[PDB]
Amino acid sequence: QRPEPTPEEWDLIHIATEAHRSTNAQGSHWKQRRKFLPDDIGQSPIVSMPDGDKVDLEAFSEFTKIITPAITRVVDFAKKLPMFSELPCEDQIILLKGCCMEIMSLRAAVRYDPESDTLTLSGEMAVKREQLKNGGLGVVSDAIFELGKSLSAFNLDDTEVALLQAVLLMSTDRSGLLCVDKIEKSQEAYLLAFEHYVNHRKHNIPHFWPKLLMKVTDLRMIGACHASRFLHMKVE
Ligand SMILES: N[C@@H](Cc1cc(I)c(Oc2ccc(O)c(I)c2)c(I)c1)C(=O)O
């Protein structure tokens with residue numbers, strides 16, 4: 001009834017799923033290696049910042065210590081998608097700076113653990129809503145957790161997530177792009193493959209596809225609130 005990946009789109013999906021899996025911290029068995037950020041950390045948000053806000057700085061350090069590798073992995077992922085590597089250097093850097101939080105956020109959210117109400121950062125650090133609120137995301141902490149809980153139910157697989165990530169990456173909605181039309185063709189290709197792959201999985205949920213497109217908007221929201229700290233160093 002509802003259409004299902006063409007053979008060129010099965011190819012796209014292999015490449016994208018392998019790019020995601022090869023850059024997802026600790027891989028598919030991440031859950032068996034975790035350290036819970038300890039209780040005494042992230043509880044006291046007392047230090048002002050050059051931006052005006054108060055932050056439990058110890059916590060902010062513990063987070064800042066593991067963020068660069070996480071960024072690196074987003075870049076590794078991007079560079080493994082051929083439609084992304086064909087872009088000019090100038091546009092690659094824009095696009096990366098632009099989705100890097102959208103993607104790290106999604107990457108944590110699908111590793112939401114209802115058993116302990118924690119997010120899992122880079123496959124190892126289990127954190128509570130309040131630790132990451134006080135560590136420097138404000139309300140953004142609350143937004144990712146709501147999303148975590150929301151996705152438990154959708155039960156996404158590494159392909160769905162991979163493809164979701166490519167749709168985030170090839171956004172045409174960024175200041176400064178040269179090759180806008182190429183990016184939109186590629187976004188459209190990924191969207192259409194993704195819609196098809198979702199067909200191919202009979203999801204025991206009504207309206208799965210459109211419900212899931214809505215979480216794109218939530219992720220672009222996250223990325224818009226926490227966009228400052230990405231004048232990151234992209235090396236192509
Ligand atoms: N867990 C993801 C990676 C990931 C890593 C970290 I550190 C995260 O927290 C942030 C991000 C920006 C900030 O300014 C602060 I303060 C904390 C998140 I949300 C995600 C993965 O699987 O790659």
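We're numbering straight along the sequence, starting at 1. Per the header: X-ray crystallography, 3.0 Å. Numbering of ligands and ligand atoms starts at 1, following listing order.
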Novice: Look at ligand 1 and name the drug there.
Specialist: liothyronine
Novice: Write down the name, per UniProt, of the macromolecule bound to liothyronine (ligand 1) with the most contacts.
Specialist: Thyroid hormone receptor alpha
Novice: Extract every residue of other chains having a heavy atom under 4.0 Å from liothyronine (ligand 1).
Specialist: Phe63, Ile66, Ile67, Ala70, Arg73, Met101, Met104, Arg107, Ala108, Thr120, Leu121, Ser122, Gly135, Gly136, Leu137, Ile144, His226, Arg229
Novice: Most of the contacts with liothyronine (ligand 1) on chain A come from which UniProt domain?
Specialist: NR LBD
Novice: Do any UniProt 3,3',5-triiodo-L-thyronine-binding residues in chain A have a heavy atom less than 4.0 Å from liothyronine (ligand 1), and if so, which?
Specialist: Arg73, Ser122
Novice: What source species is reported for chain A in this deposit?
Specialist: Homo sapiens
